[PDB]
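Structure follows of dihydrotestosterone associated with Androgen receptor.
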Amino acid sequence: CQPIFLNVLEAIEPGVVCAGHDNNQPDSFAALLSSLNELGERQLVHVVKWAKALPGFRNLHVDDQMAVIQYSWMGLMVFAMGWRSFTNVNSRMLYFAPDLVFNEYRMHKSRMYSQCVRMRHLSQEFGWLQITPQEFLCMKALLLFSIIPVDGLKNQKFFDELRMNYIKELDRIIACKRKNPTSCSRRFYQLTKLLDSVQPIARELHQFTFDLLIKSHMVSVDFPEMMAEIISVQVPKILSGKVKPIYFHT
Ligand SMILES: C[C@]12CCC(=O)C[C@@H]1CC[C@@H]1[C@@H]2CC[C@]2(C)[C@@H](O)CC[C@@H]12
Ligand SMILES: O=Cc1ccccc1O
């Protein structure tokens, strides 16, 4: 008995985070998005402290730590939101936060229905593939190291090593159960397919939040500090092609 890696992931797993949305007032595009933007600002802080508590993370260069966080904050938050939706309301609604649950009506009011549907579909994959709590944690941590600039990072060497170790950890979680190599191999295939399906979803939201920031003043949408900063400086690099995700399959 020495599941050191798994113990840490479960120990640093962020807690509940509210958005502070007023569910007593009628829904409106402006109010809904502004609340999500706030929820994002609040989440980002938790993610920063979460990633810094991850094994080996500290090895990365000070600038690369911030970089990976600023590039995958979108993918990480969605993957976690999809899980909450499955374990809380069985993927029937998007459980963004306790005080911010989106239904068929809100998905429409948000003016991003198509994107919400895709996130719900992702949430459903958790049930169709019978994803275990331990498998979820590993995959989420792996997402952090799933998007870097095509020109590599400051110390790209250390990054590949850390990623390799997290992938190795995913196999242990799979192997430490199955007996035959047919089940393990098959399982790895399924999980990798699940992780890649996240990238497409993330890119669609990256474009939506970017365009929204440009018209924010026009639609009366409030963008927090870091949120506006990261979206107008980091996000563009991804949409331009300077920063691309790391797919397992082609
Ligand atoms: C990451 C958040 C907030 C955290 C969460 O649970 C997932 C969710 C996915 C949609 C994002 C939202 C933050 C604010 C965004 C980026 C809006 O501007 C448009 C898409 C929204
Ligand atoms: O382009 C390279 C790069 C991008 C983000 C962080 C560190 C880097 O070296």
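All residue numbers in this chain count up from 1 along the given sequence. Both counts, for ligands and for their atoms, begin at 1 and track the order of listing.
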Ligands or chains of dihydrotestosterone: ligand 1
Which residues define the site around dihydrotestosterone (ligand 1) at a heavy-atom cut-off of 4.0 Å? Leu33, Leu36, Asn37, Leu39, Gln43, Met77, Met81, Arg84, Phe96, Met112, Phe208, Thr209
Where dihydrotestosterone (ligand 1) meets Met112 - atom numbers and elements under 4.0 angstrom, heavy-atom basis: 19 (C)
Shortest protein heavy-atom distance from atom 6 (O) of dihydrotestosterone (ligand 1), along with the residue and atom involved: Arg84 NH2, 3.2 Å
Dominant UniProt domain of chain A around dihydrotestosterone (ligand 1): NR LBD
Under 3.5 Å: N/O of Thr209 near N/O of dihydrotestosterone (ligand 1): yes
Which UniProt 17beta-hydroxy-5alpha-androstan-3-one-binding residues in chain A are reached by dihydrotestosterone (ligand 1), meaning they have a heavy atom under 4.0 Å away? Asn37, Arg84, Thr209
Name the closest protein heavy atom to atom 11 (C) of dihydrotestosterone (ligand 1), giving the residue it belongs to and the distance to 0.1 Å. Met74 SD, 4.6 Å
Could you list, one pair per line, each nitrogen or oxygen of dihydrotestosterone (ligand 1) together with any protein nitrogen or oxygen closer than 3.5 Å, giving atom names and the distance rounded to 0.1 Å?
unit_1                         : atom_1 : unit_2 : atom_2 : d
dihydrotestosterone (ligand 1) : 6 (O)  : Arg84  : NH2    : 3.2
dihydrotestosterone (ligand 1) : 18 (O) : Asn37  : ND2    : 3.0
dihydrotestosterone (ligand 1) : 18 (O) : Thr209 : OG1    : 3.2

